[PDB]
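Depicted below, tirofiban in association with Integrin beta-3.
By convention in this document, chain letters (A, B, ...) are assigned in the order of the sequence lines, proteins followed by strands, and residues within each chain are numbered from 1. Counting convention: from 1, in listed order, for ligands and their atoms alike. When reading the values below, keep in mind they use all heavy atoms of this one structure, side chains included, and skip hydrogens, waters and symmetry mates. According to its header, this structure was worked out by electron microscopy, 3.9 Å.
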Amino acid sequence: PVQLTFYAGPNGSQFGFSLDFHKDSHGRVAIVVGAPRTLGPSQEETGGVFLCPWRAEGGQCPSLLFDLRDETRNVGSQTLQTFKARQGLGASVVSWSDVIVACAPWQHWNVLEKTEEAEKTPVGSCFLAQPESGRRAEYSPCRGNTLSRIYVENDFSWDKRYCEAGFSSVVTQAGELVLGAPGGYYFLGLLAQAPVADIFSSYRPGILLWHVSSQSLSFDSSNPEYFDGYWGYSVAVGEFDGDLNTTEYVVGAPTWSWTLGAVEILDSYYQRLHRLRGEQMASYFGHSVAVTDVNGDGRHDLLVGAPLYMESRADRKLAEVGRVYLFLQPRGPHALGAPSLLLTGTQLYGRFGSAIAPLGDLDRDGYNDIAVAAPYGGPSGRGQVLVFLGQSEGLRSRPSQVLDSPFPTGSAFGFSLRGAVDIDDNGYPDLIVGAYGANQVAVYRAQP
Amino acid sequence: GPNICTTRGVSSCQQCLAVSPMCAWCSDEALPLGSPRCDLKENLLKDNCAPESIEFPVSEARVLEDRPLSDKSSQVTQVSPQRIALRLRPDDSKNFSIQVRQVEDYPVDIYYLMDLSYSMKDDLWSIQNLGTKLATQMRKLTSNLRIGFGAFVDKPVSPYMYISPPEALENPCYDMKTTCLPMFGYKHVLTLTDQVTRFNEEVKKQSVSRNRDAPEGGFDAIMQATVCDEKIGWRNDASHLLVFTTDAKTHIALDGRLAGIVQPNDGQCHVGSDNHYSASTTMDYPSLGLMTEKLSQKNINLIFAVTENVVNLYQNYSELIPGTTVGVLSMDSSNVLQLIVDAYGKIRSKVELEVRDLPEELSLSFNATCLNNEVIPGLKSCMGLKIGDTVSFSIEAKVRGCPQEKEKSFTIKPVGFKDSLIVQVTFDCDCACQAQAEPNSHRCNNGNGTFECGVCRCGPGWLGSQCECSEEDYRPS
Ligand SMILES: *[C@@H]1O[C@H](CO)[C@@H](O[C@@H]2O[C@H](CO)[C@@H](O[C@@H]3O[C@H](CO)[C@@H](O[C@@H]4O[C@H](CO)[C@@H](O)[C@H](O)[C@@H]4O)[C@H](O)[C@@H]3O)[C@H](O)[C@H]2NC(C)=O)[C@H](O)[C@H]1NC(C)=O
Ligand SMILES: *[C@@H]1O[C@H](CO)[C@@H](O[C@@H]2O[C@H](CO)[C@@H](O[C@@H]3O[C@H](CO[C@@H]4O[C@H](CO)[C@@H](O)[C@H](O)[C@@H]4O)[C@@H](O)[C@H](O)[C@@H]3O)[C@H](O)[C@H]2NC(C)=O)[C@H](O)[C@H]1NC(C)=O
Ligand SMILES: *[C@@H]1O[C@H](CO)[C@@H](O[C@@H]2O[C@H](CO)[C@@H](O[C@@H]3O[C@H](CO)[C@@H](O)[C@H](O)[C@@H]3O)[C@H](O)[C@H]2NC(C)=O)[C@H](O)[C@H]1NC(C)=O
Ligand SMILES: *[C@@H]1O[C@H](CO)[C@@H](O[C@@H]2O[C@H](CO)[C@@H](O[C@@H]3O[C@H](CO)[C@@H](O)[C@H](O)[C@@H]3O)[C@H](O)[C@H]2NC(C)=O)[C@H](O)[C@H]1NC(C)=O
Ligand SMILES: CCCCS(=O)(=O)N[C@@H](Cc1ccc(OCCCCC2CCNCC2)cc1)C(=O)O
Ligand SMILES: *[C@@H]1O[C@H](CO)[C@@H](O[C@@H]2O[C@H](CO)[C@@H](O)[C@H](O)[C@H]2NC(C)=O)[C@H](O)[C@H]1NC(C)=O
Ligand SMILES: [Ca+2]
Ligand SMILES: [Ca+2]
Ligand SMILES: [Ca+2]
Ligand SMILES: [Ca+2]
Ligand SMILES: [Ca+2]
Ligand SMILES: [Ca+2]
Ligand SMILES: [Mg+2]
């Protein structure tokens, strides 16, 4: 508990909204933290990305240079304007090789052409940073020359105006980045997969709009049940159909089918392979879906968090605590059925299950272990993080360890956390918690 | 037998009666060899000496104001009898029964949350009726009632609102070339009050706004209504009802992540001097747990009136949320009125009483006999009282000694009822025969003593019956 370092940032900037690990080719591991309301040189809250090196004292970090200036590009009798004000840069930061992808779903982008305009909607733009080569590229599948009238006339089909690109970001083992934006297709959500190398090669300065040949977007669905379902709120990459070559995508939607929520496993071609639905309604089933073989037999298993789930112990009193649903993949080409296991929290109104950060294996014996977030748990009601020690049969209901929130009330400690990465190379994952309320990030090393 | 009256007394009428209430005085002259004038009334009767001069005071309760209780027009009699007059003797105990019946109707405070989304516009008219019509139902159901309402659209933050062109901020309905008021998170309109006409006028004055996503922030409005007390003016001693109207999906907790809002909505009021949710841009949709806790703590019943299109969603919500009900919001609101009546029919009050303006010297005991017809001692109020029920309490009061005031007045006030029982108590320490006085009489040894109801008390020590034993003489051995 003593070795719990704190990383700070600019005063009043919500430092800790999103966090991740970066491992450049040089071999140095750092923590990428995205503050949506970073104060730039223009005294405006736009967004900042801090590449904090591993320091015992933590503290302020040197903000990595990014193009925060608006680009008023002119091309094809059209004006492309990048409204970077209140863009919330850093909502999703990931790394791969020597490339850091930092997405700004709230980065409004506008196209002006005569009276008609494309509107400065939160399309979402992702900056690719390569400090070794000093490259600052941009990628935005949502951005397009299509006007609002075109989308309106075609029944909003393939609506890519309010995607909020970069809401969820994952990096595949092959080297292709997959971004899931629940705001796409008019809040239905979408997924876009693209190689990093192709976009890096095709990028040119002062363009801001160029079609990518290697892009692969999700297929639109006209079923009303998907309307407002947020198909893409949580994104995970794994294998479920037994094809090691192909990468399967798990999409967790908390509002699918009239707020019920669900999780859909699809092949690499964005074709639905299987579907799973939660038991209780209004529990926000699909906020964060994780893929990991808890039993440990080569088949990935699904973990879903429902912070708003309501349980009861005595007097038939329905109290909101939260729940975790575990689905185990059956042996062989067999479809999954009812949830394998259900785990319940302890604290009241703790939103237990808001975020799930896989921890791989804690004791490094063979049994996978995980961590889940209780952003407003604890006896005081500030925050909690619950570590579940997995078992071959499944996941134990009672957490192995519980970490409280040392920050004051309202810190929302535990809202965003990530693991499965080692900073000190001690053989075990190091936990990071993005407490935005206190504008600080707490790094703690899990010692079994 | 000797009893207690004969012994430890036989000195004067006051002391003779002070030995015990069950003592009598024989004023008329008789044989003093038998130690008369202080013994049981039966013994004195066996010994005669009853020439209409018997001094055997008793405690009698006299009712002054005993107007009948209301049964169903300017009386409103809740406690009967109203004013009581009582006479007590030192070291005495007496019982009296007091009956109380409910008369006044149960007060009610109703809050109405309305959505002003673009989609709601088609059904907006209907929901307005559901407000005023509901008020009418309560107008004919009770006399004391307060009604208030507020409106909500969605949080004022992207993407919930259009920002391009800049005029979209003041008029987001730019694509359709129509004028709509700016969308807002929560805007309390009318505080709880009895002015039904003003309520209807303000409800009709409300207009519609526009948003982007179908879900709407109703949970924020519910929390604001159930968390603010001064702004809403809730009454502690009255039932509370909440009616929320909607046509489409409703935003739930953690949805603000899309708009960049993650801080929850705590149990605090954030509406002062502006009638707006100032912290809407920095507070997230409260979850069902917080709303349920607020409803339970504040004793508020929630009725979700929704269209048949998505009625199943709110039926599920009600199943998940205890204490709330679901109704159909359409051209006919019967499915809502019936549920409102059913909820109002479960209201139960309590009948408790307190006593004021009584010296601590007097002692009191009570028993309770509620509608169950079961006598319970030591309980001053049962549970589960309903309008029209009559509860009778038998209060026994015991007084020791004669207070110097000789006149007292105290009150019995039921809890929550203006009407009270005024009881005036009097005491008669001295005997009536003493009114004769006769300070000087020849029977006190030639006018050398005082005479009192057949006994001569004389000098500082003269104790003989004839007032002749002196103080230094009369020492037989
Ligand atoms: C930015 O960082 C600050 C930390 O410094 C965050 O907290 C703010 O801190 C400032 C400190 O200057 C505070 O303003 C002061 O408030 C004092 C009253 O509490 C003022 O009077 C002082 O009283 C002292 C005790 O009597 C006395 O010793 C002293 O000499 C002085 O008279 C003082 O003059 C300052 O005005 C802010 O109130 C405080 N803010 C909050 C919210 O607590 C701040 O929050 C950070 N910014 C953001 C956006 O988070
Ligand atoms: C919220 O409200 C809705 C109404 O709008 C309720 O819908 C009800 O949903 C249940 C299912 O949970 C329906 O019961 C049956 O559902 C099956 C389809 O589910 C099947 O489940 C099996 C496992 O048992 C799976 O193997 C299948 O693949 C499949 O998923 C259906 O086939 C049956 O005919 C039957 O409908 C119920 O009918 C339905 N009711 C209505 C009116 O639509 C919903 O339950 C409610 N939420 C909660 C938590 O109660
Ligand atoms: C996808 O899965 C397939 C197998 O299902 C993998 O195919 C493998 O590809 C390698 C070449 O990349 C094959 O090696 C070949 O060996 C022959 C000699 O036998 C040699 O002449 C060739 O030049 C080549 O080296 C290998 O045999 C083949 N596997 C099988 C079972 O035939 C493929 O690699 C997988 N894709 C990815 C991206 O991993
Ligand atoms: C209101 O309820 C109380 C109950 O506590 C009643 O007190 C009871 O009154 C009766 C007389 O009506 C008492 O009976 C007497 O009991 C004594 C023994 O204590 C016995 O020796 C007598 O012969 C006689 O039976 C009783 O004791 C007393 N207490 C209890 C516990 O019952 C009270 O009377 C009720 N009020 C009215 C107006 O009746
Ligand atoms: C009808 C278009 C204008 C809607 S709005 O901007 O005025 N907002 C409404 C709420 C609303 C939202 C969505 C909706 O469905 C939009 C349909 C989207 C269809 C998708 C389906 C998947 N493929 C892409 C298109 C209807 C109403 C308001 O009350 O302010
Ligand atoms: C109060 O106590 C008196 C006795 O002290 C009760 O008197 C009884 O009155 C009923 C009729 O009302 C008679 O049938 C009984 O015989 C009486 N009993 C005695 C012992 O006198 C009286 O009921 C009690 N309650 C009230 C309200 O006065
Ligand atoms: Ca496959
Ligand atoms: Ca498995
Ligand atoms: Ca383990
Ligand atoms: Ca480590
Ligand atoms: Ca409608
Ligand atoms: Ca909305
Ligand atoms: Mg609406």
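The location of tirofiban, copies and all, is ligand 5. Other chains in heavy-atom range of tirofiban (ligand 5) (under 4.0 Å): A, B.
In this entry, the label on chain A says Integrin alpha-IIb. In the PDB entry, the organism given for chain B is Homo sapiens. Note: chain B touches tirofiban (ligand 5) mostly through UniProt domain vwfa.
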